[PDB]
**Q** 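Today's structure: one with cyclosporin A.
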Amino acid sequence: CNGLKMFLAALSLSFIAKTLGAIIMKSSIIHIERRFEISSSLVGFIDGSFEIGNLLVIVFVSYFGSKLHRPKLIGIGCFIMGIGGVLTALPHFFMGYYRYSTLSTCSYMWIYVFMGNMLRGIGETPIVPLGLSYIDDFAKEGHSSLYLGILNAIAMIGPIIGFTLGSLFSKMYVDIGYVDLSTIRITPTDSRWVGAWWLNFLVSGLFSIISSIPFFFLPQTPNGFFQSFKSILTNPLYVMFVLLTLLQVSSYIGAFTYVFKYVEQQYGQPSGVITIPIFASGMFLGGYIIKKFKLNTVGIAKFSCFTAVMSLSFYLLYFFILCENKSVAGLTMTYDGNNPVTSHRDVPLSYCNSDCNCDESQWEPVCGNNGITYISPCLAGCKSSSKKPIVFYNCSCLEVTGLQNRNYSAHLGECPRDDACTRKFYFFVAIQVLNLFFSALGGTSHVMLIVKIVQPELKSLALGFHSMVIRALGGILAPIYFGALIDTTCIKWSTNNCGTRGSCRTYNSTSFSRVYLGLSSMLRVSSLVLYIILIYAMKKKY
Amino acid sequence: XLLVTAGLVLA
Amino acid sequence: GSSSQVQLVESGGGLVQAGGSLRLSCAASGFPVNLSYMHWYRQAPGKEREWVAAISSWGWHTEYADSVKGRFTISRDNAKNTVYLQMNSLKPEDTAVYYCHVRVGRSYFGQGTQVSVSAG
């Protein structure tokens, strides 16, 4: 080690700490929501507190931190992350004991957590611009993309530790170390269970303090705001690349948020041993292509454009592997088994289920032996049911030509589709593995191009403003508009106990497939068009 | 990685 | 706060007759208990610790049991640093010992005196 490799070790440890902090935030939210007895809007305000605290100070710390001692401010920010991690687990330590206490036949402690999220927002401020500028200003020429691939590979260790510690600490009770465990009457499958959410934030806070330790032992060298912000914003290639990476990252975010719901509606499977080493090998392979081939600035830009072309070339093959529409009574066709419907809004009742006085808004999916799913066992005509095996006898809403055996023997749940589109589901997950591998080969080039576009005195400000646009308009508003364009195609709306915004149970699978592939595909096509404009104007400039 | 969000700053 | 642990002592226990009234207090010595929720449990003869009352850091949020609701009252005193338990319109089911609880770091319990009531 020549000292600078110690900075890469400390930056790898800080990336492990920030990835761990994000997985611990996204993992233990239901224990906080059940423990503090707060509503959905309040716990969403807790969850958005981190984005508020990061987005408020990211541009000012990324501007003012580059002139100062950079790894000292990274250590100060990681210590602030550790203080927030201790402060998030701190409401467990002084509120006392936690207290918790269908046949279908025809209270103000959360502000602590809020402040901890704000502190953790400051804890994710100084790491990503400043030290990456410290990679580009002090490593040798061509070595920096290899270091970016190395730290993006080592930052995947953090979600693995986050999943393992989240599942292990959600296994036991919240009050372990204080009560006798034989007195607990509830299970982890019970609705009143609260896992040990504080152990997650305690390991996150102490690991952030140990990651804040070795930054203070590194040397500074191994051997106005408005005018500078105007000089960044009036650069046309930079703002074109920021709008480009905003469209591409927004396509990625709106893709992978709803892949498992697309699996549940289209291919019928409920919701990564191999996936995370594939992504880590993709990032390290892309860093090795940029390092080994001695690519210049427009070469890195054409390499990112070629990975975008390759990823979109397999992304457009999702349209040809669609399975059929599911057969549901009362949503896509009538209850009697004969006639389709024009629309799913306020369907008429049939003669078989007219005597059945159950709730039409109640959702409990069953299917018969004909392969047609029914939305409730009351509207399936089933009058008697058995128990660990599932059987609904004497169902009267399945009309055939006098078959005696085709009136009963129905189980619960969505029974799966034919075997023709299970192989198409395997094709979908194989092409998704290929698309995520080519997105990983895209990878470090988005970070690597920014420090070569802008001036060498303003690399950290450019990285901070790019982090503002990517984390702000991609991380927040893009799940909102993909959620709007996905939930506009619901077919069975759930009547919630409180009010509106209930999660719809099933979808119109071809229409939801069309809108979910279409918005992401048009966003990626417009992003690729902005790559072609960027290559043409960037070769014109160079 | 998995997931949701992105970045790619994570996973 | 240079202290060893939190000492909890309560006062105001005694004998009451029929549906009367009683006034319990619990003062804490040692570590500052200002940030801590402070709880009041009940131990009957032959049963476990039944939870009765809880008070917040500033007394903003009050938690009460469903069995004793609307007649009990719990409050704070930050300068005296003592929690107050008014108890009115009594029943013979409250014949028990009443315990004081704080969690500055570790769980801490009190001694408790008899809050035995008479039947009338």
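Just so it is clear: chains get the letters A, B, ... in the order the sequence lines come, proteins before strands, and each one is counted from 1. Heads up: weird residues get written as their parent (or X), and the extra bits don't count toward contacts. So how was this one determined? The header says electron microscopy, 3.4 Å. Worth knowing before you read on, the calculation uses all heavy atoms, side chains too, and leaves out hydrogens, waters and symmetry mates.
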**Q** Point out each ligand or chain corresponding to cyclosporin A.
**A**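 That would be chain B.
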**Q** Per the PDB entry, what macromolecule holds cyclosporin A with the most contacts in this model?
**A**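 It is most in contact with Solute carrier organic anion transporter family member 1B1.
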**Q** Heavy atoms under 4.5 Å from cyclosporin A: which other chains do they belong to?
**A**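 Counting heavy atoms only, the answer is A.
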**Q** Hey, which transmembrane segments of chain A have a heavy atom under 4.5 Å from cyclosporin A? Number them from the N terminus like UniProt does.
**A**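 Of the UniProt transmembrane segments of chain A, the ones with a heavy atom within range are 1, 5, 7, 8, 10, 11.
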**Q** Which residues of the other chains approach cyclosporin A to under 4.5 Å (heavy-atom distance)?
**A**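 With heavy atoms under 4.5 Å, it is A:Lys18, A:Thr19, A:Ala22, A:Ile23, A:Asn152, A:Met156, A:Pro159, A:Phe163, A:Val249, A:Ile253, A:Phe256, A:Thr257, A:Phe260, A:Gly272, A:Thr275, A:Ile276, A:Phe279, A:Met283, A:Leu436, A:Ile470.
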**Q** Which residues of cyclosporin A lie within 4.5 Å of chain A, heavy atoms only?
**A** B:Unk1, B:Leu2, B:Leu3, B:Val4, B:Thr5, B:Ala6, B:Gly7, B:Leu8, B:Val9, B:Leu10, B:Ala11
**Q** Which name does this PDB record use for chain B?
**A** Cyclosporin A
